[PDB]
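Sequential numbering from 1 along the given sequence is applied to the chain's residues. Structure determined by X-ray crystallography, 2.1 Å. Note that these values count all heavy atoms, side chains included, but never hydrogens, waters or copies made by symmetry. Note that ligands are numbered from 1 as they come in the structure, with each ligand's atoms numbered from 1 the same way.
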Amino acid sequence: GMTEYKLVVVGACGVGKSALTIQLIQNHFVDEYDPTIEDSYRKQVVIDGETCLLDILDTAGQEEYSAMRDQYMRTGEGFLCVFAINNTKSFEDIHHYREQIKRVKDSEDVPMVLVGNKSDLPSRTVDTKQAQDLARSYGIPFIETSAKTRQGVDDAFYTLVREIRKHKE
Ligand SMILES: *CCC(=O)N1C[C@H](C)N(c2nc(OC[C@@]34CCCN3C[C@H](F)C4)nc3c(F)c(-c4ccc(F)c5sc(N)c(C#N)c45)c(C(F)(F)F)cc23)C[C@H]1C
Ligand SMILES: Nc1nc2c(ncn2[C@@H]2O[C@H](COP(=O)(O)OP(=O)(O)NP(=O)(O)O)[C@@H](O)[C@H]2O)c(=O)[nH]1
Ligand SMILES: [Mg+2]
């Protein structure tokens with residue numbers, strides 16, 4: 001029946017992986033409180049007229065390169081690669097996350113979206129243009145989000161579903 005899309009949210013500590021997921025799942029953002037675990041969350045959404053189910057893994061915990069961890073990530077059909085626009089190191093780590101995705105999926109062509117989060121903040125250190133140019137050289141979409149104001153959140157996840165759909169055809 002209803003198509004399920006397995007999405008994986010990856011990126012450095014503190015960029016807003018959990019805050020983005022919770023906005024989508026529970027429509028809220030509390031400045032003071034944040035998830036502390038890795039977990040996956042299911043939500044039925046309508047995207048371009050298609051009722052579907054998103055199964056979203058919000059990654060956390062420890063970096064680890066075991067066969068078990070690799071195989072878990074390999075079930076992801078699409079990946080949000082998140083950095084924070086006020087955190088240059090988190091932007092510099094994006095190439096590494098992409099490379100691990102391509103390694104476990106064993107493919108040059110994995111549905112992926114680059115997400116620049118915390119667009120509400122004024123202390124910007126990553127120009128929008130530099131992130132656009134990076135996404136263009138990878139050949140993937142780039143979306144600026146604010147998990148605090150919810151700006152661009154649906155766009156990020158829905159765009160990733162659209163990349164998965166193109167891949168399955
Ligand atoms: C904030 C929570 C936290 O402490 N985490 C640990 C680290 C930050 N996580 C994480 N880190 C990296 O790289 C970190 C770093 C710095 C030390 C050396 N190392 C390499 C670069 F220098 C950057 N990489 C992560 C991942 F690659 C992945 C991951 C993503 C996709 C994928 F297919 C696979 S397969 C596989 N095994 C791993 C791993 N590990 C990945 C992940 C993720 F959680 F699995 F997605 C985390 C990485 C983030 C969090 C957990
Ligand atoms: N202003 C602002 N703050 C944000 C935004 N998204 C997340 N934050 C803040 O940034 C911090 C980290 O958020 P969180 O969602 O825990 O990030 P994470 O990537 O899941 N961290 P971890 O990797 O440790 O699980 C929190 O204080 C959160 O309130 C955003 O769009 N705007
Ligand atoms: Mg988190």
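The chain in largest contact with ligand 1 bears the name, in the PDB entry, of GTPase KRas. The drug assigned to ligand 1 in the PDB is BBO-8520 (bound form). Among protein heavy atoms, the minimum distance from atom 43 (C) of BBO-8520 (bound form) is reached at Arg69 NH2, 4.1 Å. By heavy-atom distance, the residue among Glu63, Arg103, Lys105, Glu99 lying nearest atom 17 (C) of BBO-8520 (bound form) is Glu63.
Distance remark: protein heavy atom present below 4.0 angstrom from atom 9 (N) of BBO-8520 (bound form). Of the protein's non-hydrogen atoms, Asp93 OD1, 4.8 Å is the one closest to atom 22 (F) of BBO-8520 (bound form).
Ranking protein heavy atoms by distance to atom 45 (F) of BBO-8520 (bound form), first place goes to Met73 CE, 3.4 Å. The shortest N or O to N or O distance between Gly61 and BBO-8520 (bound form) is below 3.5 Å.
Here the heavy atom of the protein found nearest to atom 46 (F) of BBO-8520 (bound form) is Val10 CG1, 3.3 Å.
Of the candidates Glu64, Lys102, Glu92, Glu38, it is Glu64 that places a heavy atom closest to atom 39 (C) of BBO-8520 (bound form). Covalent partner of BBO-8520 (bound form): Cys13 SG. Measured against 4.0 Å, the other ligands and ions close to BBO-8520 (bound form) are ligand 2 (phosphoaminophosphonic acid-guanylate ester). For atom 33 (F) of BBO-8520 (bound form), the nearest protein heavy atom (residue, atom name, distance) is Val104 CG2, 3.2 Å. Around atom 2 (C) of BBO-8520 (bound form), the closest heavy atom drawn from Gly76, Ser90, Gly14, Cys13 belongs to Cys13. Source organism (PDB entry) for chain A: Homo sapiens. What sits closest to atom 42 (C) of BBO-8520 (bound form) on the protein, heavy atoms only, is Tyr97 CE2, 4.0 Å. Scanning the protein for heavy atoms near atom 27 (F) of BBO-8520 (bound form), the closest one is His96 NE2, 3.0 Å. Residue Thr59 approaches BBO-8520 (bound form) through these ligand atoms, each under 4.0 Å from one of its heavy atoms: 44 (F), 46 (F). Among all non-hydrogen protein atoms, the one lying nearest atom 31 (C) of BBO-8520 (bound form) is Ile101 CG1, 3.6 Å.
Considering both main-chain and side-chain atoms, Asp70 comes within under 3.5 Å of BBO-8520 (bound form) through a nitrogen or oxygen pair. Residues with a heavy atom within 4.0 Å of BBO-8520 (bound form): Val10, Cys13, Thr59, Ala60, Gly61, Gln62, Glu63, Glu64, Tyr65, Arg69, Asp70, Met73, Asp93, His96, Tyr97, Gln100, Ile101, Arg103, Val104.
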In a simple table, one pair per line, please give the protein and BBO-8520 (bound form) atom names for every N or O pair closer than 3.5 Å, along with the distance.
{"from": "BBO-8520 (bound form)", "atom 1": "4 (O)", "to": "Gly61", "atom 2": "O", "distance (Å)": "3.1"}
{"from": "BBO-8520 (bound form)", "atom 1": "5 (N)", "to": "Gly61", "atom 2": "O", "distance (Å)": "3.2"}
{"from": "BBO-8520 (bound form)", "atom 1": "11 (N)", "to": "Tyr97", "atom 2": "OH", "distance (Å)": "3.2"}
{"from": "BBO-8520 (bound form)", "atom 1": "13 (O)", "to": "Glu63", "atom 2": "OE2", "distance (Å)": "3.0"}
{"from": "BBO-8520 (bound form)", "atom 1": "13 (O)", "to": "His96", "atom 2": "NE2", "distance (Å)": "3.3"}
{"from": "BBO-8520 (bound form)", "atom 1": "19 (N)", "to": "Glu63", "atom 2": "OE1", "distance (Å)": "3.2"}
{"from": "BBO-8520 (bound form)", "atom 1": "19 (N)", "to": "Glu63", "atom 2": "OE2", "distance (Å)": "2.9"}
{"from": "BBO-8520 (bound form)", "atom 1": "24 (N)", "to": "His96", "atom 2": "NE2", "distance (Å)": "2.8"}
{"from": "BBO-8520 (bound form)", "atom 1": "37 (N)", "to": "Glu64", "atom 2": "O", "distance (Å)": "2.9"}
{"from": "BBO-8520 (bound form)", "atom 1": "37 (N)", "to": "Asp70", "atom 2": "OD1", "distance (Å)": "2.8"}
{"from": "BBO-8520 (bound form)", "atom 1": "40 (N)", "to": "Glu64", "atom 2": "N", "distance (Å)": "3.2"}
{"from": "BBO-8520 (bound form)", "atom 1": "40 (N)", "to": "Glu64", "atom 2": "O", "distance (Å)": "3.1"}

